[PDB]
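Everything on this sheet refers to the single structure shown next.
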Amino acid sequence: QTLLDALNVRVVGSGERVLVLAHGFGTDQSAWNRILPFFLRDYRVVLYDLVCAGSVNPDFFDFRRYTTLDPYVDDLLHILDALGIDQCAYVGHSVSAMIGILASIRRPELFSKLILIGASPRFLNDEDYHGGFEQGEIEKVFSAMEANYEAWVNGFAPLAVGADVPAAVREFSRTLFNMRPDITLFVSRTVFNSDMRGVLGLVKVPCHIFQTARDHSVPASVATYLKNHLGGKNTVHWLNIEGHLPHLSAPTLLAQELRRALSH
Ligand SMILES: Cc1c(Cl)cccc1Nc1ccccc1C(=O)O
């Protein structure tokens with residue numbers, strides 16, 4: 001309840017089947033605003049802000065606590081428990097895809113289905129795995145973020161959005177720039193340091209892997225990697241949408257594909 005208030009938990013919709021919409025990096029739950037009308041009639045929609053969102057009081061971001069994805073999982077599960085949800089479909093963008101995977105391992109009965117958008121188990125390359133990022137280049141990026149956060153945001157937002165959708169670039173920039181810079185850097189380091197590859201096989205619920213074209217954060221091969229290694233029944237949806245934030249850039253088309261995946 002203090003947690004429900006802290007993370008801006010919102011429940012809306014006229015349906016019964018519970019649908020959790022969990023935003024990812026650089027946004028808050030408002031990233032779902034243009035998807036939402038498509039689900040109100042026949043779902044009960046649960047939204048929340050990750051503790052690192054710009055819309056959450058930065059006093060709640062305890063750097064001694066949030067050192068791995070596990071405490072983010074704790075927050076998600078405490079929310080669903082407090083709302084009395086014992087089964088739901090879960091949609092996770094970006095880091096929230098991994099949070100949902102870990103949550104499902106902890107609570108295998110809680111999720112009927114996971115829908116993963118812009119998901120990667122590991123951003124960094126190594127000998128037998130392409131993630132899309134080298135350690136050396138990422139340290140240069142972290143230096144830039146520290147030196148001038150504003151300039152970093154304005155360089156990064158068009159890459160993340162990917163497609164030439166200026167409204168979405170401005171909207172992503174808005175919510176990224178609302179994040180306090182030391183939180184953004186710390187969260188970024190957290191996730192670049194994370195490696196979910198070893199746990200993927202532990203998942204037993206069905207996963208729908210939504211993969212856009214030319215996703216700055218997620219090579220096509222990573223979607224295929226998820227398909228091969230996630231332990232349950234997996235379906236890749238190769239969206240006809242460019243970029244890492246399809247909910248911001250192509251919400252009408254994304255909404256339709258989410259509806260199809262949820263009906264499957
Ligand atoms: C790609 C990237 C850079 Cl280069 C720097 C800083 C951040 C990102 N991204 C991310 C960091 C944490 C969690 C998710 C993401 C994501 O992209 O979905």
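Positions are given from 1 along the sequence. Note that ligands are numbered from 1 as they come in the structure, with each ligand's atoms numbered from 1 the same way. Basis for what follows: all heavy atoms, side chains included, without hydrogens, waters or symmetry-related copies. Structure determined by X-ray crystallography, 1.6 Å.
- Taking the chain with most contacts, the partner of ligand 1 here is, per UniProt, Probable strigolactone esterase DAD2.
- The name recorded for the drug at ligand 1 is tolfenamic acid.
- Among all protein heavy atoms, the one lying closest to atom 3 (C) of tolfenamic acid is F156 CE1, 3.5 Å.
- Taking every heavy atom of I138 and a limit of under 4.0 angstrom, the matching atoms of tolfenamic acid come to 4 (Cl).
- Tolfenamic acid has no nitrogen or oxygen under 3.5 angstrom from a nitrogen or oxygen of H216.
- Remark: minimum distance from atom 6 (C) of tolfenamic acid to any protein heavy atom is reached at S188 OG, 3.4 Å.
- Atom 9 (N) of tolfenamic acid has its closest protein heavy atom at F25 CD2, 3.8 Å.
- Inclusion of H244 in the set of residues having an N or O under 3.5 Å from an N or O of tolfenamic acid is warranted.
- Atom numbering of tolfenamic acid starts at 1 in the shown order; those under 4.0 Å from a heavy atom of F192 are 1 (C), 2 (C), 3 (C), 8 (C).
- Distances below 4.0 Å separate heavy atoms of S217 from the following atoms of tolfenamic acid: 1 (C), 16 (C), 17 (O).
- Among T27, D215, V187, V141, the residue whose heavy atom lies nearest to atom 5 (C) of tolfenamic acid is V141.
- One option in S94, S96, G155 has a heavy atom closer to atom 18 (O) of tolfenamic acid than any other, and that option is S94.
- Remark: tolfenamic acid atoms within the under-4.0 Å shell around heavy atoms of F133 are 1 (C), 4 (Cl).
- Measured on heavy atoms with a 4.0 Å cut-off, the binding site of tolfenamic acid is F25, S94, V95, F123, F133, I138, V141, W152, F156, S188, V191, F192, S217, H244.
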